[PDB]
Amino acid sequence: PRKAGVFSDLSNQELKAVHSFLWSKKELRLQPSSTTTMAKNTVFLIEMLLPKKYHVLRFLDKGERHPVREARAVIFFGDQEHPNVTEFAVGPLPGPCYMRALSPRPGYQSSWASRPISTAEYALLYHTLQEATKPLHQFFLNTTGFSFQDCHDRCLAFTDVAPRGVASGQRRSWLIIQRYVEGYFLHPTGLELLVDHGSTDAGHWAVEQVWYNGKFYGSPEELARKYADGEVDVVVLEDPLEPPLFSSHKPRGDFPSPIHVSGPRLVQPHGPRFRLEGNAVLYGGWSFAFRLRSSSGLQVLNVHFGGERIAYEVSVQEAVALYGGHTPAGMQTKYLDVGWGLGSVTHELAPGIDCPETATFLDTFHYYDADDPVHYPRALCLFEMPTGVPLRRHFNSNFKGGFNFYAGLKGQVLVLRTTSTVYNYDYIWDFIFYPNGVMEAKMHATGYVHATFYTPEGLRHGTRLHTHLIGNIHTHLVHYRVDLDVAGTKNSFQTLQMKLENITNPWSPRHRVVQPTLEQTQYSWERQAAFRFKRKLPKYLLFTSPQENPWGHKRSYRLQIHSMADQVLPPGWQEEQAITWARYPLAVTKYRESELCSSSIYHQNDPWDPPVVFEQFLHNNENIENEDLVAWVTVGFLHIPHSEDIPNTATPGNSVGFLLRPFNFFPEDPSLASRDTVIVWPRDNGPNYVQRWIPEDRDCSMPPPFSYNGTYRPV
Amino acid sequence: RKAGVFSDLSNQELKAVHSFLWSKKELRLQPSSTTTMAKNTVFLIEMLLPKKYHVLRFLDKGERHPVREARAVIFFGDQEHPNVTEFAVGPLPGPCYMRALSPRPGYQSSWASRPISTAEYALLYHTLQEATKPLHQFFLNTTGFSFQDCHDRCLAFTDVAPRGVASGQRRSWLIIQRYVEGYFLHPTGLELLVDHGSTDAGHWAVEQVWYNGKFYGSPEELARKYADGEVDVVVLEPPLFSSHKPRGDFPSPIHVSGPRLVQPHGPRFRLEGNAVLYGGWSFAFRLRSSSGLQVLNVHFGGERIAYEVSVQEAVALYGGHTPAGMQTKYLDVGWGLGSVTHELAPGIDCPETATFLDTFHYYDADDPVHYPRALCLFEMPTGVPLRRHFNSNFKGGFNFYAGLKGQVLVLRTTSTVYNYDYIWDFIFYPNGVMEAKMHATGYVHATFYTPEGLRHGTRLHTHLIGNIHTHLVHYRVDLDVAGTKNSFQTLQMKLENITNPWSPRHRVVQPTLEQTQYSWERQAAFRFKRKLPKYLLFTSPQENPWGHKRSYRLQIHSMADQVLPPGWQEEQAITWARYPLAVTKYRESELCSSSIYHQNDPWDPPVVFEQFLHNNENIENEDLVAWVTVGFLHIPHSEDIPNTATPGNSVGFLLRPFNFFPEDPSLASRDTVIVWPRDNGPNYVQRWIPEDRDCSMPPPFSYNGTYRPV
Ligand SMILES: *[C@@H]1O[C@H](CO)[C@@H](O[C@@H]2O[C@H](CO)[C@@H](O[C@@H]3O[C@H](CO)[C@@H](O)[C@H](O)[C@@H]3O)[C@H](O)[C@H]2NC(C)=O)[C@H](O)[C@H]1NC(C)=O
Ligand SMILES: *[C@@H]1O[C@H](CO)[C@@H](O[C@@H]2O[C@H](CO)[C@@H](O)[C@H](O)[C@H]2NC(C)=O)[C@H](O)[C@H]1NC(C)=O
Ligand SMILES: *[C@@H]1O[C@H](CO)[C@@H](O[C@@H]2O[C@H](CO)[C@@H](O)[C@H](O)[C@H]2NC(C)=O)[C@H](O)[C@H]1NC(C)=O
Ligand SMILES: *[C@@H]1O[C@H](CO)[C@@H](O[C@@H]2O[C@H](CO)[C@@H](O)[C@H](O)[C@H]2NC(C)=O)[C@H](O)[C@H]1NC(C)=O
Ligand SMILES: *[C@@H]1O[C@H](CO)[C@@H](O[C@@H]2O[C@H](CO)[C@@H](O)[C@H](O)[C@H]2NC(C)=O)[C@H](O)[C@H]1NC(C)=O
Ligand SMILES: *[C@@H]1O[C@H](CO)[C@@H](O[C@@H]2O[C@H](CO)[C@@H](O)[C@H](O)[C@H]2NC(C)=O)[C@H](O)[C@H]1NC(C)=O
Ligand SMILES: N=C(N)c1ccc(/N=N/Nc2ccc(C(=N)N)cc2)cc1
Ligand SMILES: N=C(N)c1ccc(/N=N/Nc2ccc(C(=N)N)cc2)cc1
Ligand SMILES: [Ca+2]
Ligand SMILES: [Ca+2]
Ligand SMILES: [Ca+2]
Ligand SMILES: [Ca+2]
Ligand SMILES: [Cu+2]
Ligand SMILES: [Cu+2]
C-alpha cells in the first residue's frame, strides 16, 4: 500500500515545500494571489505531476525503483511587457532542486487571455462596476431596491459568463446582474453588462455595452439618460427582504400523509469491510488507488480485480454546460469546468446527507488561486452501502408446492465519492465497485440552474420558472478517460452484434428458421473505433486480451454507456474546437504520454485555439491491434428547465455515466468467493437448514452526532 | 378503502368462485391434479377489473362501487372438440352468474394454444420413460444417469416453446438434463421432439431425436446406431459449478457482515389493504396472477398522474445450433408470470426492515394457494441526496449548506417461472418521480456444447453453451396527467445561426427549444429505427403559475432493438416489440398487449398490438395510453455461471413531473437540513425533525419455502 503513494496527491507539507522553492527564486518576483493587481507574477496552481506510465509500471510490476515525485506549478507572469502563463515541473519531492518547463506551447500568443479568472480579478471587476455604474445608481434603487455603491445587506452582485469574447486573445465578459439574496443565482435584475478586462491595468477596463430588459444601450450613461427621460420600459422588482424565499431550501407546503420521523438509516457495527490506507483501497476482489487532481477531478488508478489489472486509469476529464439564450449573456454561455478548478471545489460533505453517516470521510489540500495550501474538510468519502437488490438470487421450485433450495447473495456496493461546486451547480462524482468485478462511473447533477431575466423572447430558449426568471436550455456533457489495461497493457477492441440468419428448418424441411446468430467485428485502426453520435453504437463494446479463459474465449471487459447525449455544436465551428471529444460517445486511441488529457485549464477562456484538440488524437489513424489502448467516453443530457427545478435541480433521473463489466474475463462469477451467500435447504419432516458462511448479524451501533464546519483555510 | 376496487381476490373469494363453478354439475369439473388431458378443469381464477368509466365515477364522482367479478378460465377437454373458454363470474360476494368472454369466430386452435400444466408434465415424463427404454444402456454409459430406477441419478427435461411450426400444433422439443443442483446447466446432448396434441396421452410420440449434432428419427434408431458403433458419443469435494456455494479466495477476504438498514421508528408509509400512502404519494396495487404487478390510481399531492402502470409481457428470444435452442421464444405470461411470486428472503431479496406481504393465487391448482412474502414494500436510502448545495462565500467560508437525504419507496415482487428470476420494482421518490424497473438474475437457458454452437452463443463450461438471446418486456402506462384528457408532445434542441446582436461581424450559433405536437396515433408510434426525442411529454391543458402546460415526462432506460422481422410468423405474437414507445387512445377492448395464449399460438394470437394502431385515431385531448418496450441483448459469458447477476442487468423507465408542480414538490419534506454560519460562534444546524441516532434489531431470519392451500 506504500506503492499506491506514487499516485497520491501532494500533502500540505509538499505543497509548502514547492511553494517555498518557488518563492526562494527572487528573479520570479512572486506576489500573493490575493494582491489586487493583474500586473503581478503569482503561482496560480500546484498539484502532483504523475510520472510516465512506463516507469510506474516497472515500479509496480517489475520491482524497479520508485519514480521521481514532482509537482506541476502554473505561474501567471503578469509583471512584464508581454504577460503570459508558463508551467513548470518542480522536483524532486522531497527536496525540490529544479523547475523544468512543462507543456510548452511555443508560437502561441494568447496564453494571458486564456488564463482562469481569479479572486483578485473578481475584486477588481467589482471596483470597475461600482465606478462604471454610478450613472445608474438611482435607476438601481428605483428598479431593484439594491445597489453597487454604499450597500450593506442590499447589494447587487454579478455572475460572469464564459467564454469571454468572439476570438482568441480577447477577455470581454458578459455579466448578469443579480440581487444578492439567499439563492441569489435565481434573482436576475434584467441588466447585463459587457466588460473588457484584458489589460493588466484595471484602470483601462471599461463597460463597453449594456443590455436591459430586451434592448442594447451602449453605455451606462445612455441607459441612465433614457431612463431619466422616461423612455425605458422598466421592470420594478418587489422587495425580497414570513414564507421562505422561492430560492430558499426551507420547507414549505404539506404532504397529505404526514412524515414526522427520520427514515431508515445504515448501521455499520462491524466497521468498514474495505481496507483504506492512504490512497489505497482493498475491497474483496478489488484493489485500487485514487487521487483528486485539483485541475480535473477524481481518478482511480491501477485498478485490479482478483490480483489482475483491469484499468490503469479512469478519470474525469471535462464537464461542460452549453447554453442558448434570448439575452447576450445567455447566448454567450459555454461553461468548461476544468477552467475553474473542477477538482478544487470539493466542498464539505455533510454526514448522513451527502454520504451515509457510516462513511469514511477524507480531508484534502488544494493550492488553487490561494496564498497558501488550503485545507478542505470531508472533500471525499468512501462507503459500503446495501443496494437494496440482491447481487444474485434463485428460488429452485420443486413444482409440487415446495422447493429444492433458495440461494441469494445480499447486494452491497463500495462507493468512492467527491463533489464539485464551482458556482451554482453541485456535481456529485461517484466511482462504484460491485463485488462481482463490475465498476461504474456516475455523475449526478444538483444545485441551482443558470438562469436569466424573463422576457417573452426567452421562451424560444428556455422555460419561465418564476415571475422574472427563465431557465435557459442547455446540454450537460462530461468526458471520461478510461485507460483499460485488460489483464495487462496490450489489448484489442471488438464489438458483438446479433444478426439474423434464415435457414431451412433442419427437422421440418418445408419450413424456415429465422433466428439470431452472434456476429463479431474486429477493429484495426483508430478511425474505425471512433463512434459518432449519428453512427449506430453496438450493444457489446469489448476490450480484449489475447489470453483465453478456460472455455476458449478471450478475456475481455465490456463498456456500457448510460447517456442521453447527442451532437450539440456543429463540428468544426468556432468554439467547438474546444470540445471535439463531444463528437464521440466512444473513441479508442493508442496510449501516448503527450495525450494524457482531453481538456485543460485554458480551454474555457480560449476555446477557439486550445492547447489540446481531441480530434487530433485520431488524425494519425493508428493501428490498435495488440496495443496499449485508451477508451474515451462522452456522457450527458439535454436539460430543458422546468418549474420543479426551483429552487434546485434534483438527482433522481439526473445521472449519467458508464459500467465496466467482465466478459469471459473470469472462469465463472467472481463474486462466488463472497461468504455472505445464503442457501436455504428443505429437510424432510423438519424446519429448513439455513446454510451460511458468516453468522447472522443483528448487532447495533450509533454514528457520531452530526457536525458541519463550512470553512476551508490554510493549516 | 376505495383502493379495494383494484384488489386481488382473497382466499375466501377464490374458494367462493371455485365452489360456485363446482356446484354446476354439467361442467363435469375435475381437479387440476387428475392425470388426464381429457377433463374439464378450472385453470385460473383472478379478479376481473371493472370498466374505467365506472371506476372513475366511483372514485371521483361518489357513485356506486362497481360490481366485483372474477375471470375464470376453463379447460374443456372432456368433449369431442376440446376448447378453452373464459367466463366472468360474479357478483362478489355471493356469485350467481357465469358469463362467457371474448368469442373468436373461425379460430380453431384454442386447445393447442392453452398453457402447459403440472398434469401434462407428469404425462410427458411417463411418455419419455416409456419411449426412451431402448436408450437405457446409452444413458448409463454416456451420463451415468437414466429415467428408470434412477433415484439420486435421474435425468430430467426442460421443455421449450413455442410447440411446432404452425397454429394448432403441440409438438415440443425437450432438452434432456442431469437432475443435480442447478440442473439447468447440465444438458446431456440429447433433445427429443414429442407430439402431445391428443387428449389421449396414449397417442403421444417421440417423433424425432437429436444427439450431439445429428438427427436420429427414433430412440430405437439411436440405440441401434450406438450399439453398432455409429455414434459420436460424449461421455460426461469442491462445489458443483452450477451451485451458489462459495469457492475461491478474494485477495482481501471479508469475514464479517456488511452494513444494514435499521428502522427504529417504523415505516414512514401507510399500508391499508392494497392502499399505500407515502409523503405526497397515494396509490393502490395488485398482483395479477396472469400478467404480474400493477400500480393503479397513482396520485401525488392529491392529483392523479396515472390510472394504471402494469407489466404486460416478458419475452426471451433465442438463437441456437440445437433444435431446442433454435425453437425457443419464451413468452412468460403464457406461464402465469404473476403466479410465480415465490418467497422473498428477508435481508437478501428485500431489506430486513421491509414489510412483506402474502398473497393467494389460483393458477393450475386444486385449491387456492398461499404464497408467503410474495411482495414487499420498503423505504431505503439511495445513498445520494435528493438535492444539496454548498453556497460558498468564495472567501474561505459559506453562506449555507442545504441538503435533503435521499430516500425511495420500493414496491417489489419477483417471478421465477423456471430458470430465471425477474425482480419487478415500482419505485417512488419524494419529489414525484416514479420509476419502473426489472432486474434479471437466476440461471441462463443453456444447451449442449458443440463447435457449431459458437455461432449462436458462448461456451460457458465443458459441455455448456449459453445461447444468444434478447429479453424484451412490455409495460402499459395509462397516464391520466391531472385528469383523463391529455395530449402528447416532444421537445428537441435545434440550433439557430444568427447575427451576433452586439458584434454584427460575427455569428451566434446556439440552442433553441423546438416543440412538436402529435395529432394521430401513427405519428406517436416510434419504431426502433426512428430517432426517439429526448423529451417525451404527456400534457394537460391546465397550466402551472408560470404559464407552461402541466406535464409528466417519460424517460426510457433500455438497450432493446428490433429482434424478429416485422410480419414474419411468430413475430405476430410480439408486434409491440416494434415500438419502444407507442401512444394509443384508451379502449376497453385494448387493455392488454398479450395473453396467456400467445406462448403456444404465436402465429395466430387473440391480441395483435399493431392492430391497435390500424384505425389511427386522433390523440389531441383524449384518454391516452403509453406503451413502453424495454429490453436488452444478452450474449452469455462465463461470469453468468452459476447465475446471471443484477448489476447492469436492469431496464425500465422513469415518469418525471414537468411543469406539473409550481416548484420542487419535495419542499414539503421536513427531513431537509440547512447549516448556517454564525458570528463568532458554532454554526446553526436548522432542522424540522430532530436528529436521530437510534438503532434497533430486525426480526431474526426465517424462510419457509412452501406454498400451499390454507
Ligand atoms: C513568458 O514569461 C516568462 C517570464 O517572463 C519568460 O521566460 C523568461 O524569458 C526571459 C527572456 O527570454 C529570460 O530572461 C533573461 O533574459 C536575459 C536577456 O539578456 C538573459 O540573458 C538571461 O539569462 C535570462 O534568460 C528568463 O530567464 C525567463 N524566465 C523564466 C522563469 O524562465 C517566457 O519566455 C515567456 N514566454 C513566452 C512564450 O514568451
Ligand atoms: C426466408 O427465406 C425464405 C426462402 O428463401 C423466404 O421464403 C420465400 O419467400 C417468398 C415470398 O417473398 C415466397 O414466394 C417463396 O415461396 C418462399 N420460399 C420458401 C422456400 O418458403 C422467406 O421469405 C424468408 N423470410 C425472411 C423473414 O427473410
Ligand atoms: C471549523 O474548524 C476549525 C478548525 O478546527 C475550527 O477552528 C477552531 O475553533 C475552535 C473554537 O471552538 C478552537 O478551539 C480552535 O483553536 C480553532 N482552530 C483553528 C485552527 O482555527 C472552527 O471553530 C470550526 N468552525 C465552525 C463554525 O464550526
Ligand atoms: C367450447 O366448449 C364449451 C363447453 O363445452 C362450449 O360451451 C357450450 O356451448 C353450448 C352450445 O353452444 C351451450 O349450450 C353450453 O351452455 C355451453 N357451455 C358452457 C359451460 O358455456 C362452447 O360452444 C365451445 N366454444 C367454442 C368457441 O366452440
Ligand atoms: C452561419 O451563417 C453564416 C452566414 O451565412 C455562415 O458564414 C458564411 O459562410 C460562408 C461560407 O463559409 C462565407 O463565405 C461567408 O462569408 C460567411 N458569412 C458571414 C456573414 O460570416 C456560417 O458558416 C454559418 N455557420 C454554421 C455553423 O452554420
Ligand atoms: C411453513 O409454513 C407452515 C404453515 O405455518 C408450517 O406448518 C405448520 O407447522 C406447525 C408446527 O409444526 C404445525 O403445527 C402446523 O400444523 C403447520 N401449519 C399448517 C397450516 O400447516 C411449516 O412448518 C413451515 N415449514 C417450514 C419448513 O418452515
Ligand atoms: N459552471 C461554471 N463553470 C461557472 C458558472 C458560473 C460562474 N460564475 N461565477 N461568478 C462569480 C462571480 C463572483 C465571484 C466572487 N465574488 N468571487 C465568484 C464567481 C462561474 C463558473
Ligand atoms: N422462461 C420460461 N417461460 C420458461 C423456461 C423454461 C421452461 N421449462 N420448463 N420445464 C419444466 C419441466 C418440468 C416441469 C415439471 N416437472 N413440473 C416444469 C417445467 C418453462 C418456462
Ligand atoms: Ca492516435
Ligand atoms: Ca490501456
Ligand atoms: Ca387505435
Ligand atoms: Ca390515460
Ligand atoms: Cu442542467
Ligand atoms: Cu438473459
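The chains carry the letters A, B, and so on, in the order of their sequence lines. Residues displayed in chain A correspond, in order, to the PDB entry positions 27-267, 278-751. In chain B, numbers come from the PDB entry; the residues present are 28-263, 278-751, in order. Hydrogens, waters and symmetry mates play no part in the numbers below; they use all other heavy atoms, side chains included. Per the header of the entry, the method used was X-ray crystallography, 2.1 Å. Counting convention: from 1, in listed order, for ligands and their atoms alike.
- Looking at ligand 7, the drug there is diminazene.
- Most heavy-atom contacts to diminazene (ligand 7) in this structure come from the chain listed in the PDB entry as Amiloride-sensitive amine oxidase.
- Lab note: other chains with heavy atoms under 4.0 Å from diminazene (ligand 7) -> A, B.
- Residues flagged by UniProt as binding Cu(2+) in chain A that sit under 4.0 Å from diminazene (ligand 7) (heavy atoms): none.
- Counting heavy atoms under 4.0 Å from diminazene (ligand 7), residue A:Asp186 touches it through both backbone and side chain.
- Considering backbone and side-chain N/O atoms, A:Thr185 never comes within less than 3.5 Å of an N/O atom of diminazene (ligand 7).
- Atoms of diminazene (ligand 7) lying under 4.0 Å from any heavy atom of A:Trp376, numbered from 1 in the order shown and given with element: 3 (N), 20 (C), 21 (C).
- Note on diminazene (ligand 7): A:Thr145 sits outside its first shell, no heavy atom being nearer than 4.0 Å.
- At a heavy-atom distance under 4.0 Å, only side-chain atoms of A:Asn460, from C-beta outward, approach diminazene (ligand 7).
- Within the listing of diminazene (ligand 7), atoms 1 (N), 2 (C), 3 (N) sit less than 4.0 angstrom from a heavy atom of A:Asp373.
- The 4.0 Å heavy-atom shell around diminazene (ligand 7) contains A:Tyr148, A:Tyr152, A:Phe184, A:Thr185, A:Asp186, A:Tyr371, A:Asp373, A:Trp376, A:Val458, A:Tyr459, A:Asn460, B:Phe435.
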